[PDB]
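Below is one structure, written out as structure tokens, with a few remarks after it.
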Amino acid sequence: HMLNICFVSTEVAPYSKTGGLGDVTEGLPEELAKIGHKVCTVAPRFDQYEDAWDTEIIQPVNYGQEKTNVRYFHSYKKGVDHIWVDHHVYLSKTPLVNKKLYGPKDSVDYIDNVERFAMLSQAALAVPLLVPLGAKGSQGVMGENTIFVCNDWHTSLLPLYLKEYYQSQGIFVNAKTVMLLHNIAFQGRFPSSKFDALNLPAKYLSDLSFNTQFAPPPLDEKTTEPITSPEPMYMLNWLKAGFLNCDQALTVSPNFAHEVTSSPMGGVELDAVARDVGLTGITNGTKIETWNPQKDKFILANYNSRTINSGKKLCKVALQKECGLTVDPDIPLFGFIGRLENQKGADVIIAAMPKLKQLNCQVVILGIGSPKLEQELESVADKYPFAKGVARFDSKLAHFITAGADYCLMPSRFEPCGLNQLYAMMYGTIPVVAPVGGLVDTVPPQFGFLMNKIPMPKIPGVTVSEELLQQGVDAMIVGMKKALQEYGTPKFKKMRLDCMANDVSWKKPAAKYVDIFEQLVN
Ligand SMILES: C[C@H]1O[C@H](O[C@H]2[C@H](O)[C@@H](O)[C@@H](O[C@H]3[C@H](O)[C@@H](O)[C@H](O)O[C@@H]3CO)O[C@@H]2CO)[C@H](O)[C@@H](O)[C@@H]1N[C@H]1C=C(CO)[C@@H](O)[C@H](O)[C@H]1O
Ligand SMILES: Nc1ncnc2c1ncn2[C@@H]1O[C@H](COP(=O)(O)OP(=O)(O)O)[C@@H](O)[C@H]1O
């Protein structure tokens, strides 16, 4: 019958979000509540969310070696309890709303992320014991028969604290932990000198231990250059410890799970740990409410599969005009939306421009990240009239692109699942994607086209060489040409309808989570 599920993360859309993590922790818990399970999320109170009330509960926790208290705020929406951990170090980092969750600059992290996120894991464990759930806390607390779902490296110490602080005294004796991995590139690698700040005994030292040549940039809150080394140096790795201490490790697509366990490249050095522990993938779904052509509240014309020829053409012409491009619904249009970071291959699209004019297509690119990627992005229209770059976070334009574009272009170098392609398919927009991770799972040949592989930099941190960049360009264009060969044909029309008929909701994947959860507690 009824499961008790407590999701712990740094992000819960629409309150806090830097990407897909927030969308999953919004959508999956809502679907689980819909099925009838008791579900809550726990995350930091980064802003004074209007629908959240102070519960008046205070809980002592450690902020590094300092003893401190958190307060818990509580909101309730669509059958899900959202618990927010309140502390000066979460709220007062910036007056700006839903910005700078992980650091002040783009790639730069707060020095004190160790203390901040260790404190989150400690604070979350008390929630099932203390916070009354339901509409206005009428349902009482979740209790000890709880499954903690730890999302990504930020919460990966929770299983250690569960054992050390609770189960060692006979509390939560039957509670379970699930490590839900969204992205293996970030693992909570910290210097070993930060061990004392965790307030854990030495019995967990071996699980935390790690050797590598690739450290993140040093904890000085400005330096952006990662520390590569000729020698392999000793450090801590939170995600490793999380894998070794959880009851089960999951991730966000079967093919990504395969990649992680199959090689040091795919698992970013945690492949053997993932193999040892076992790692299963479940492809993300998505919510339909905000993203569907029938009810979309931003685009110029709503449509469904029957009226796609009318409404989508109008959206296309609207996108074209909005971007300063020649208005003509017969020119195939490619749209990119994503972080301007190595993972997503925005640098490949920009570098591909000289070769792209030959294809007789339009390209629209929307993203934020590196100052000089953003500067390059905005300059693209000058040299290339068929293309347009916009360096902003802009939901309205994202909606215009998803509806108006013929193709959704994702030249990712790695992609645990991806969300753009799911949205795109619901709008009848055809994905053209890199053959990596969950893009392989979500875009079979009936729905879209695969590129050749976009090659990674020879080592992390190292800016990709002009050599490998150009291989990516060629690899992307192979995929685009495959797609353009069918553009405008009866097969094109059919592929759009097949995309729109493709069910990408949380219904099926949520059911798979429930099966895994039921096995853990029985
Ligand atoms: C979009 C992405 O958001 C989250 O990733 C965070 C990192 O967790 C956080 O540490 C920070 O990363 C910086 C890092 O700390 C720093 O040392 C390094 O030099 O620069 C990094 C900045 O790029 O910020 C990022 C971005 O906000 C989540 O942890 C990720 O899971 C999430 N992406 C995932 C999520 C999903 C949803 O399931 C997948 O669909 C998607 O394929 C995958 O990319
Ligand atoms: N500049 C932007 N403006 C608006 N939305 C964006 C922008 N960049 C990314 N997004 C949205 O953020 C989400 C990113 O999710 P996903 O595709 O899983 O990539 P990530 O790896 O960043 O999580 C998508 O839903 C995408 O539509």
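Index from 1, following the sequence. In each ligand, atom 1 is the first atom listed, and ligand 1 is the first ligand listed. The basis for the numbers below is simple: all heavy atoms, side chains too, and nothing from hydrogens, waters or symmetry mates.
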Pick for ligand 1: fulvestrant, vaniprevir, metocurine, nelfinavir, acarbose: acarbose
Chain with most contacts to acarbose, per the PDB entry: Glycogen synthase
Protein residue, atom and distance nearest to atom 19 (O) of acarbose, heavy-atom basis: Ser107 O, 3.7 Å
Organism in the entry for chain A: Cyanobacterium sp. CLg1
Location of contacts on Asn284 toward acarbose, heavy atoms closer than 4.0 Å: side chain
Shortest protein contact, atom 41 (C) of acarbose (heavy atom only): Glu415 OE2, 3.5 Å
Protein contact to atom 27 (O) of acarbose [nearest heavy atom, distance to 0.1 Å]: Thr18 OG1, 2.7 Å
Nearest protein heavy atom with distance in Å, relative to atom 1 (C) of acarbose: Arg339 NE, 3.3 Å
Selection from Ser253, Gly418, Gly20 by shortest heavy-atom distance to atom 40 (O) of acarbose: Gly418
Per atom 22 (C) of acarbose, closest listed option by heavy atom (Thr10, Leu180, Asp106): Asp106
Element-labelled atoms of acarbose that are located less than 4.0 Å from some non-hydrogen atom of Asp152: 28 (C), 29 (O), 30 (C), 31 (O)
Under 3.5 Å: N/O of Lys344 near N/O of acarbose: no
Any N/O pair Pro216/acarbose closer than 3.5 Å: no
Identity and distance of the protein heavy atom lying nearest atom 43 (C) of acarbose: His182 O, 3.6 Å
Under-4.0 Å heavy-atom contact between protein and atom 32 (C) of acarbose: no
Polar contact flag for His154 and acarbose (N/O pairs, less than 3.5 Å): yes
Contact check, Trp153 vs acarbose, heavy-atom distance below 4.0 Å: yes
Other-chain residues near acarbose (heavy atom, 4.0 Å): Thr18, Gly19, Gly20, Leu21, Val24, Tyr102, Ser107, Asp109, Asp152, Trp153, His154, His182, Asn183, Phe186, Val252, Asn284, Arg339, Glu341, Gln343, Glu415, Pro416, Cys417, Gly418
